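In this structure, acarbose is found bound to 76 kDa lysosomal alpha-glucosidase.
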Amino acid sequence: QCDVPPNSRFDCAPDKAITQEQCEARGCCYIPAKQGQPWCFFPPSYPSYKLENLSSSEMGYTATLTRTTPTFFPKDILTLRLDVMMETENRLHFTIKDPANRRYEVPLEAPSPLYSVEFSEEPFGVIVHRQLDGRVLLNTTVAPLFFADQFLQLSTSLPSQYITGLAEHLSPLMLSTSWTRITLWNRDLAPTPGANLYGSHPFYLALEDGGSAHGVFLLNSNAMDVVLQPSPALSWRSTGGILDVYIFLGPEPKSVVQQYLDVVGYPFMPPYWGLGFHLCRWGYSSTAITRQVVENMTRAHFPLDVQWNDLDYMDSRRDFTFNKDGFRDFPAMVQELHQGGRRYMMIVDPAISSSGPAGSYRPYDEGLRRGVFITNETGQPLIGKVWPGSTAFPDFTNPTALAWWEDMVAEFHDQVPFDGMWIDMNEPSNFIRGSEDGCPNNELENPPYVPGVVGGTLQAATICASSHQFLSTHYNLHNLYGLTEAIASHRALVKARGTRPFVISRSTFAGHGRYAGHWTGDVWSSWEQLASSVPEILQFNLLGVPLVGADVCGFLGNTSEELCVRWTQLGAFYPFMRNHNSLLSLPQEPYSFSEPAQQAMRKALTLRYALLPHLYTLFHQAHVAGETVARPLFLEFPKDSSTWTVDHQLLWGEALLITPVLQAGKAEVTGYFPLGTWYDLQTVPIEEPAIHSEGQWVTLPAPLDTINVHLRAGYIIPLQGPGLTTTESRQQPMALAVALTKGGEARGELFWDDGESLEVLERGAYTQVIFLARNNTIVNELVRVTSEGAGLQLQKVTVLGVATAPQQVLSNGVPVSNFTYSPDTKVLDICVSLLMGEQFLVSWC
Ligand SMILES: C[C@H]1O[C@H](O[C@H]2[C@H](O)[C@@H](O)[C@@H](O[C@H]3[C@H](O)[C@@H](O)[C@@H](O)O[C@@H]3CO)O[C@@H]2CO)[C@H](O)[C@@H](O)[C@@H]1N[C@H]1C=C(CO)[C@@H](O)[C@H](O)[C@H]1O
Ligand SMILES: *[C@@H]1O[C@H](CO)[C@@H](O[C@@H]2O[C@H](CO)[C@@H](O[C@@H]3O[C@H](CO)[C@@H](O)[C@H](O)[C@@H]3O)[C@H](O)[C@H]2NC(C)=O)[C@H](O)[C@H]1NC(C)=O
Ligand SMILES: *[C@@H]1O[C@H](CO)[C@@H](O[C@@H]2O[C@H](CO)[C@@H](O[C@@H]3O[C@H](CO)[C@@H](O)[C@H](O)[C@@H]3O)[C@H](O)[C@H]2NC(C)=O)[C@H](O)[C@H]1NC(C)=O
Ligand SMILES: *[C@@H]1O[C@H](CO[C@@H]2O[C@@H](C)[C@@H](O)[C@@H](O)[C@@H]2O)[C@@H](O[C@@H]2O[C@H](CO)[C@@H](O)[C@H](O)[C@H]2NC(C)=O)[C@H](O)[C@H]1NC(C)=O
Ligand SMILES: *[C@@H]1O[C@H](CO[C@@H]2O[C@@H](C)[C@@H](O)[C@@H](O)[C@@H]2O)[C@@H](O[C@@H]2O[C@H](CO)[C@@H](O)[C@H](O)[C@H]2NC(C)=O)[C@H](O)[C@H]1NC(C)=O
Ligand SMILES: *[C@@H]1O[C@H](CO)[C@@H](O[C@@H]2O[C@H](CO)[C@@H](O)[C@H](O)[C@H]2NC(C)=O)[C@H](O)[C@H]1NC(C)=O
Ligand SMILES: [Cl-]
Ligand SMILES: [Cl-]
Ligand SMILES: [Cl-]
């Protein structure tokens with residue numbers, strides 16, 4: 001009866017240390033491990049729920065679940081309702097609820113399915129098979145179902161040892177199944193392994209032998225532990241709500257991601273300028289110093305689209321104010337930035353100063369009047385500590401607070417026309433535990449199961465769990481705080497400006513990408529953290545938050561010149577690129593380094609800017625099709641199992657492989673190359689030539705001034721001329737990099753719109769062009785042409801993989817004025833005068 005293999009034992013004492021006698025009293029098995037793995041575990045016969053009265057409807061299945069014997073947790077809900085909805089051929093959805101009481105739910109908006117579902121009667125379980133190969137994807141029969149008021153546990157076998165997701169944590173892309181506990185409870189803590197961080201995404205993608213995959217999303221916003229076992233298997237442990245589970249069938253990993261984003265929302269489309277270089281630090285104390293940054297960057301030929309300010313601008317570190325010493329002419333500074341073709345961003349915190357005299361600080365006075373703040377047991381606002389001192393916290397689930405936030409934003413924008421919002425401390429972060437007045441002693445503050453959060457209490461670094469919000473207690477809504485503020489800030493920026501919003505958030509939840517982007521927080525200026533940013537940037541793209549990046553050159557401590565060169569090189573490939581720096585630290589602006597470092601840094605930014613039309617096109621695909629912008633090799637080559645554990649290289653879209661140096665003092669790097677031809681992007685003119693891979697590791701030369709970037713054969717990349725801003729670069733002539741397959745084939749595309757407007761796709765206010773190389777010709781296909789795509793000038797076409805030197809080169813039937821061929825690199829470089837919107841034909845022989 002207790003003969004269960006070590007790796008398949010499920011913890012029967014997740015709540016406390018237990019003795020043999022007690023464990024056996026719980027009706028469990030006690031077998032110490034030989035060397036983590038639970039000593040107290042469930043026998044196959046342990047009491048669970050029983051499936052009764054299973055019935056079928058047009059929507060799917062319905063049943064009753066009954067538990068006869070109570071568990072060791074208080075408040076078992078002995079009678080449950082099961083609902084299974086077969087929503088599409090790719091998406092299966094099931095819920096387990098208490099049919100007698102509404103419980104907290106998260107607010108969110110051959111012809112056969114790829115899955116099949118079956119049920120185990122006793123103990124109850126849900127089994128999900130991939131139809132095509134009969135593989136078992138989900139099997140909840142492996143462990144008992146727990147459904148207590150403050151404890152939900154649902155377990156499943158996993159199809160392999162390869163699983164990714166469950167943000168936000170500092171870890172390899174592929175998670176460890178060796179008795180790993182992964183805690184989701186938003187928390188202000190500098191990124192360090194094994195710790196719950198700023199965001200929580202209860203979703204995972206599981207790979208299957210052969211390259212197929214599936215995803216599971218548990219729509220639950222409560223504090224939770226996700227436990228992984230080497231069998232392999234997984235256990236969801238939540239402290240509240242209900243079980244609301246979606247299964248996505250793929251079969252391709254990209255389709256799994258797309259299918260999940262169908263439920264939580266496709267990434268919002270950023271403004272083009274948002275994809276340029278952002279520069280910030282805590283410590284730009286005055287508008288004179290802030291203007292110097294732009295001056296010094298500009299002087300040194302370093303592009304910069306957006307200048308930022310941290311707390312410096314505010315009056316005594318309060319939102320929606322600016323001080324009259326260093327920032328007396330803040331409005332004029334921001335107006336000047338605009339005149340020059342640049343944008344402006346600044347930090348906003350959620351917490352509002354509550355200690356000023358009545359009537360002296362409108363945001364608080366108005367907020368108090370309209371009841372926008374989270375309240376305590378006695379109904380008064382909860383007061384904690386953040387930068388300005390005593391603070392009240394807005395409740396972004398309260399419609400009136402949404403309206404107040406819109407007003408405060410609009411009013412401040414009337415004074416200083418900022419172009420977006422950097423929203424920080426929105427876990428929400430608290431400098432003291434719970435509140436100035438502590439927290440009461442109840443079941444929400446002291447629950448029967450506390451997940452493995454840093455600090456051992458839900459109140460740590462945040463507000464009281466039993467505090468009141470409009471939709472529910474903070475206990476249920478905490479993981480949504482950041483998200484709700486992001487939603488509120490999204491709408492606020494739309495009303496204030498009338499163009500696409502640009503919101504960068506620290507705290508996030510699943511579905512965050514529909515409204516905002518993210519940066520990874522207070523990472524150290526270390527090689528370790530530079531390396532760790534690659535898996536985390538990829539993780540967030542898999543979770544539908546493509547607009548993500550880490551502070552370039554690091555936030556904490558002092559960076560080194562070498563590290564900042566390497567970080568800027570890799571950083572230029574973060575979909576969101578910002579260099580940010582702490583108050584105490586040494587300057588790390590591109591212009592504050594030696595000339596060789598500056599050159600290396602200038603080259604990185606130049607290449608990013610040249611690549612912007614492609615990057616933007618990738619974001620379009622993310623916005624319209626649930627694609628990822630930055631992706632791991634396995635998403636693109638799932639059937640090559642050697643890619644599965646690669647997370648220190650990244651792809652932009654399908655065709656651009658970036659292989660960064662991530663360690664000090666290296667002049668080479670070893671990267672995995674999937675089967676195919678990979679052309680070195682350094683052969684393309686910007687204002688070994690080819691790696692032929694069977695699917696193998698390749699050692700590449702990579703001196704300090706170099707980052708390896710390769711372009712996949714069979715792909716065409718749109719590029720554009722240089723500029724210190726996107727306002728400037730968007731007016732330049734464009735180019736194509738054409739990477740030919742051995743058979744002389746290639747495909748690519750360009751999306752172009754005004755770059756700022758709302759409802760572009762809905763109104764059809766965009767131009768979409770496809771490029772095709774075939775049989776020594778290059779043509780375009782006009783999928784859509786509008787006024788926005790007008791005047792787009794194509795002046796250069798670079799063809800890679802041209803074996804023999806051509807005797808003639810024609811553009812629309814006429815020999816081109818001049819071209820060059822290099823027999824050493826196989827590169828054909830052609831000068832033309834064409835329009836992306838006009839049908840053209842270029843040929844050679
Ligand atoms: C700026 C940053 O300050 C706060 O975090 C700091 C902690 O309060 C300090 O105690 C210290 O944390 C150390 C840990 O205690 C230690 O155990 C180890 O982990 O090393 C840590 C690093 O020294 O330093 C922390 C960072 O300086 C605050 O909690 C955090 O949220 C603040 N960061 C945000 C605030 C601003 C200012 O508006 C922005 O500049 C940042 O981008 C934000 O992320
Ligand atoms: C879903 O998970 C459950 C639990 O892991 C699996 O059911 C279990 O299957 C095992 C092995 O197939 C069963 O053990 C065997 O029982 C038979 C029947 O008496 C016996 O002839 C063998 O000697 C062996 O002991 C076990 O009874 C069964 N347990 C339960 C609770 O059902 C099931 O296989 C999984 N489903 C799928 C599709 O993988
Ligand atoms: C709910 O939140 C409110 C704040 O909105 C809390 O009110 C606070 O209550 C404490 C004492 O219960 C007050 O402390 C007192 O301060 C005065 C001086 O101002 C001092 O003379 C007293 O001896 C005492 O230290 C505190 O001032 C007050 N906060 C504010 C902003 O007025 C209330 O306690 C919270 N309720 C619960 C149950 O936590
Ligand atoms: C499982 O269902 C049976 C039958 O339920 C009835 O038929 C259903 C389709 C629906 O119309 C229900 O409203 C009906 O009650 C349950 O057995 C019945 O229990 C009721 C209430 O105690 C009792 O009045 C009847 O005599 C029973 N009828 C029969 C045929 O046995 C049973 O209780 C359900 N089990 C669970 C665990 O919910
Ligand atoms: C980050 O560096 C600052 C400054 O470092 C000093 O100045 C540099 C130009 C360089 O020459 C360094 O070697 C210097 O130490 C550090 O702040 C200094 O801290 C030291 C010792 O703790 C103190 O005696 C100095 O007065 C400080 N100088 C200034 C200008 O503030 C800071 O501690 C470093 N941080 C880390 C995490 O290493
Ligand atoms: C912008 O660049 C200027 C020019 O290098 C910097 O000005 C120098 O600052 C140092 C302090 O480290 C002084 O010792 C020099 O006298 C300054 N030179 C001049 C010509 O002013 C300035 O600090 C830079 N500003 C920023 C914000 O990076
Ligand atoms: Cl013992
Ligand atoms: Cl509720
Ligand atoms: Cl290998």
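One is the number of the first residue; the rest follow in order along the sequence. Remember, it's 1-based here, ligands and their atoms both numbered in the order they're listed. Heads up, header says this was done by X-ray crystallography, 2.5 Å. These values consider heavy atoms only, across backbone and side chains, with no hydrogens, waters or symmetry-generated copies.
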What are all the ligands or chains assigned to acarbose? ligand 1
Listed by chain and number, which residues of other chains have a heavy atom closer than 4.0 Å to any atom of acarbose (ligand 1)? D188, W282, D310, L311, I347, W387, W422, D424, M425, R506, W519, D522, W524, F555, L556, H580
Numbered atoms and elements of acarbose (ligand 1) in range of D188, under 4.0 angstrom, heavy atoms: 28 (C), 29 (O), 30 (C), 31 (O)
Would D522 count as being in polar contact with acarbose (ligand 1), using the rule that some N or O on each side must be under 3.5 angstrom apart? yes
Give the numbers and elements of all acarbose (ligand 1) atoms closer than 4.0 Å to a heavy atom of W519. 42 (O), 44 (O)
Check the UniProt substrate-binding residues of chain A and list those with any heavy atom under 4.0 Å from acarbose (ligand 1). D310, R506, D522, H580
Backbone or side chain, does any N or O of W282 fall under 3.5 Å from an N or O of acarbose (ligand 1)? no
Looking at atom 18 (C) of acarbose (ligand 1), tell me if a protein heavy atom falls under 4.0 Å from it. no
Which species is recorded as the source of chain A in this PDB entry? Homo sapiens
Would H580 count as a polar contact of acarbose (ligand 1), with the cut-off being nitrogen or oxygen pairs under 3.5 Å? yes
By smallest heavy-atom separation, which active-site residue listed in UniProt for chain A is closest to acarbose (ligand 1), and how many Å (rounded to 1 Å)? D424, 3 Å
Under 3.5 Å between any N/O of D310 and any N/O of acarbose (ligand 1): does that happen in this structure? yes
